[PDB]
There are 2 protein chains.
Amino acid sequence: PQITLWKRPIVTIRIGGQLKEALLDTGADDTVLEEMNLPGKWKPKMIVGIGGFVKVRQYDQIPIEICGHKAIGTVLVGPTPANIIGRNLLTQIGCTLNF
Amino acid sequence: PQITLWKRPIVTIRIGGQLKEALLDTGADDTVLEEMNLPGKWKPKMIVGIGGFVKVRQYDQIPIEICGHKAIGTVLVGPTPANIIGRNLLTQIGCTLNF
Ligand SMILES: CC(C)CN(C[C@@H](O)[C@H](Cc1ccccc1)NC(=O)O[C@H]1CCOC1)S(=O)(=O)c1ccc(N)cc1
């Protein structure tokens, strides 16, 4: 699709057999989801945003779908105020910025 | 242009007669630049990011150019780890996300 930017680029994603809303975020290297459960082993990671450093759990090889586009990727979980789809997945599904 | 996302979508902007690099950030409602001096008067504002709330200065009607595209808009200045161009300007210059 083409996603315009006068409103937040919120889309529907699928993870862990559930549908959620997430922000398509070109300014995030990595994908971060608000607190939830994911299966198996996770490493702790540090990310930096505005406001400073946040400790999150990194899950590898997580099946996920973003507007009908399927992928398996790394997904960080922790205290973010918004589900965020970052460049690791945006590139995978072929997303570009155009003007 | 078309800007791909396997690397950070960093572009050249012009503001206050200087060229700087900035992140095209679909996940930022607003444009925030690292500390700099800008003409005239400013209101304080609070923004939220992944690590919490940050106090910034809001300058209105700032002439700016983003990758060859000229505009006048709101620009916030504050302690951000990166120059970021948010949806206020991205929409103006006709940015979309496409996949
Ligand atoms: C600070 C930039 C460079 C990186 N952030 C992405 C930005 O798009 C960030 C996304 C966000 C949306 C909603 C709530 C909180 C954060 N928006 C942001 O700060 O909104 C400010 C900027 C102006 O208006 C408000 S990030 O969240 O810290 C980030 C960093 C690393 C990873 N792996 C994931 C996310």
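Letters A, B, ... are given to chains in the order of the sequence lines, protein chains preceding strands, and every chain is numbered from 1. Both counts, for ligands and for their atoms, begin at 1 and track the order of listing. Just so you know, these numbers use all the heavy atoms, side chains as well, and skip hydrogens, waters and symmetry mates.
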Name of drug found at ligand 1
amprenavir
Help me with this one: what macromolecule has the most contacts with amprenavir, named as in the PDB entry?
Protease
Using a heavy-atom cut-off of 4.0 Å (strictly under), which other chains touch amprenavir?
A, B
Mind listing the residues near amprenavir? I'm using heavy atoms under 4.0 Å.
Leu23(A), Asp25(A), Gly27(A), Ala28(A), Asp30(A), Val32(A), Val48(A), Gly49(A), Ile50(A), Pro81(A), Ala82(A), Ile84(A), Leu23(B), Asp25(B), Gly27(B), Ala28(B), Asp29(B), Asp30(B), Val32(B), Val48(B), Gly49(B), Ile50(B), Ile84(B)
So, is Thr31(A) polar-close to amprenavir, with some N/O to N/O distance under 3.5 Å?
no
Amprenavir atoms in contact with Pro81(A) (distance to a heavy atom under 4.0 Å):
14 (C), 15 (C)
Distance-only N or O hit between amprenavir and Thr80(A), under 3.5 Å:
no
Atom 20 (O) of amprenavir [closest protein heavy-atom partner, distance rounded to 0.1 Å]
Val48(B) O, 3.8 Å
Which amprenavir atoms, with their elements, are less than 4.0 angstrom from a heavy-atom of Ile84(A)?
10 (C), 11 (C)
